[PDB]
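Below you'll find the structure, written out as structure tokens, and then a few comments.
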Amino acid sequence: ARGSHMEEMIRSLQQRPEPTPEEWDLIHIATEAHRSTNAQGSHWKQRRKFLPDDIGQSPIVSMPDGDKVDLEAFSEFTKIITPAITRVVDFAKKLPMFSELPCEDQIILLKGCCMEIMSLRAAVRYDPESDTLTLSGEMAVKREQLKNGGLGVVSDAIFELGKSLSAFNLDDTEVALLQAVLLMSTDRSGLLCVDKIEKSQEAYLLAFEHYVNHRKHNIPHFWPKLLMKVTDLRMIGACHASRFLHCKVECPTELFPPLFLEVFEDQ
Ligand SMILES: N[C@@H](Cc1cc(I)c(Oc2ccc(O)c(I)c2)c(I)c1)C(=O)O
């Protein structure tokens with residue numbers, strides 16, 4: 001019927017496929033890679049400081065879509081963006097299927113997912129009571145502030161994602177696997193090792209579907225619902241890439257930290 005008598009008893013309430021031992025090892029590695037690079041781990045809610053409320057209310061630099069930029073808010077956010085980008089690279093480097101790619105492939109994949117991953121890490125720290133996001137576990141920001149400091153409607157999409165993810169009760173492994181599925185994408189141009197990257201994505205997706213089955217979440221249809229959030233995050237990444245091109249047409253390079261320009265000054 002099954003396996004041994006013990007195995008069937010332990011699996012008695014399981015229906016759905018659980019992770020294999022090899023998937024559990026993949027899951028453990030990705031979870032630890034995320035927790036060792038996710039800032040302020042559990043400490044974030046006490047240790048975050050609100051962005052002063054008089055910053056972000058003065059958008060005066062024009063943009064093509066008519067959502068203007070407040071340069072002082074954009075400066076406060078870019079001031080802390082280089083350590084946050086650096087943690088996404090630290091995370092990817094800790095995944096063996098990423099670190100074994102050619103160096104050129106690893107840079108293309110990191111450029112392709114960086115905003116998706118930093119937006120997910122802000123959105124999972126949405127706080128319903130203050131209606132804020134937390135940036136790098138330290139800066140609490142209101143919708144108006146993040147919208148006027150350069151993101152424009154991107155910030156609304158991240159807040160909407162953050163508010164919707166509260167009911168999903170994601171744990172650190174789910175966040176780490178959504179990050180690995182975002183990272184291991186072949187939807188980018190100029191990759192060499194396409195088949196290998198697709199195979200990794202498929203291994204991460206299936207470990208992730210089996211870990212979701214293991215967790216027995218209390219909202220129904222959890223796995224497709226979570227896939228639809230991955231799609232929302234890729235839309236957020238595309239919106240940000242379009243918006244960042246416009247930033248650079250409008251504003252001088254001196255305002256953009258070198259690593260921020262490198263990861264996104266892109267297509
Ligand atoms: N909160 C994340 C890091 C994180 C840091 C920052 I600054 C963010 O804001 C952005 C992002 C792109 C931009 O062009 C602008 I202007 C502001 C976001 I959204 C996320 C972490 O915990 O790693």
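Note that the numbering runs from 1 along the sequence shown for the chain. Per the header of the entry, the method used was X-ray crystallography, 1.9 Å. What you see below is based on every heavy atom in this structure, not just the backbone, and it leaves out hydrogens, waters and symmetry mates. When a ligand or atom number is given, it counts from 1 through the structure's own listing order.
This structure shows the drug at ligand 1 to be liothyronine. In this structure the chain with most contacts to liothyronine is the one the PDB entry names THRA protein. Atoms of liothyronine found under 4.0 Å from any heavy atom of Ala122 (numbered from 1 in listed order, with element): 1 (N). Liothyronine is never approached by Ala39 to a heavy-atom distance shorter than 4.0 Å. The nearest heavy-atom contact from the protein to atom 23 (O) of liothyronine is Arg87 NH2, 3.1 Å. Atom 14 (O) of liothyronine has as its closest protein heavy atom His240 CE1, 2.8 Å. Liothyronine has at least one atom lying under 4.0 Å from a heavy atom of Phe260. Per-residue contacts place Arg121 under 4.0 angstrom from the following atoms of liothyronine (heavy atoms of the residue considered): 2 (C), 21 (C), 22 (O), 23 (O). Of the protein's heavy atoms, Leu135 CD1, 4.1 Å lies nearest to atom 6 (C) of liothyronine. The single protein non-hydrogen atom nearest to atom 19 (I) of liothyronine is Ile158 CD1, 3.5 Å, given as residue, atom name and distance. Going by the entry, the organism behind chain A is Homo sapiens. Residue contacts with liothyronine include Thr134, since one of its heavy atoms falls under 4.0 Å from the ligand.
Considering only non-hydrogen protein atoms, atom 11 (C) of liothyronine sits nearest to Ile81 CD1, 3.7 Å. Below 4.0 Å from some heavy atom of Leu151 lie the following atoms of liothyronine, by number and element: 12 (C), 13 (C), 14 (O), 15 (C). Ranked by closest heavy atom to atom 4 (C) of liothyronine, the top entry among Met118, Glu138, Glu76, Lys79 is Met118. The protein heavy-atom contact nearest to atom 1 (N) of liothyronine is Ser136 N, 3.0 Å. For atom 16 (I) of liothyronine, the closest heavy atom belonging to the protein is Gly149 O, 3.5 Å. Of all the heavy atoms of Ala84, the ones lying under 4.0 Å from any atom of liothyronine belong exclusively to the side chain. With hydrogens left out, the protein atom closest to atom 7 (I) of liothyronine is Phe77 O, 3.1 Å, a heavy atom.
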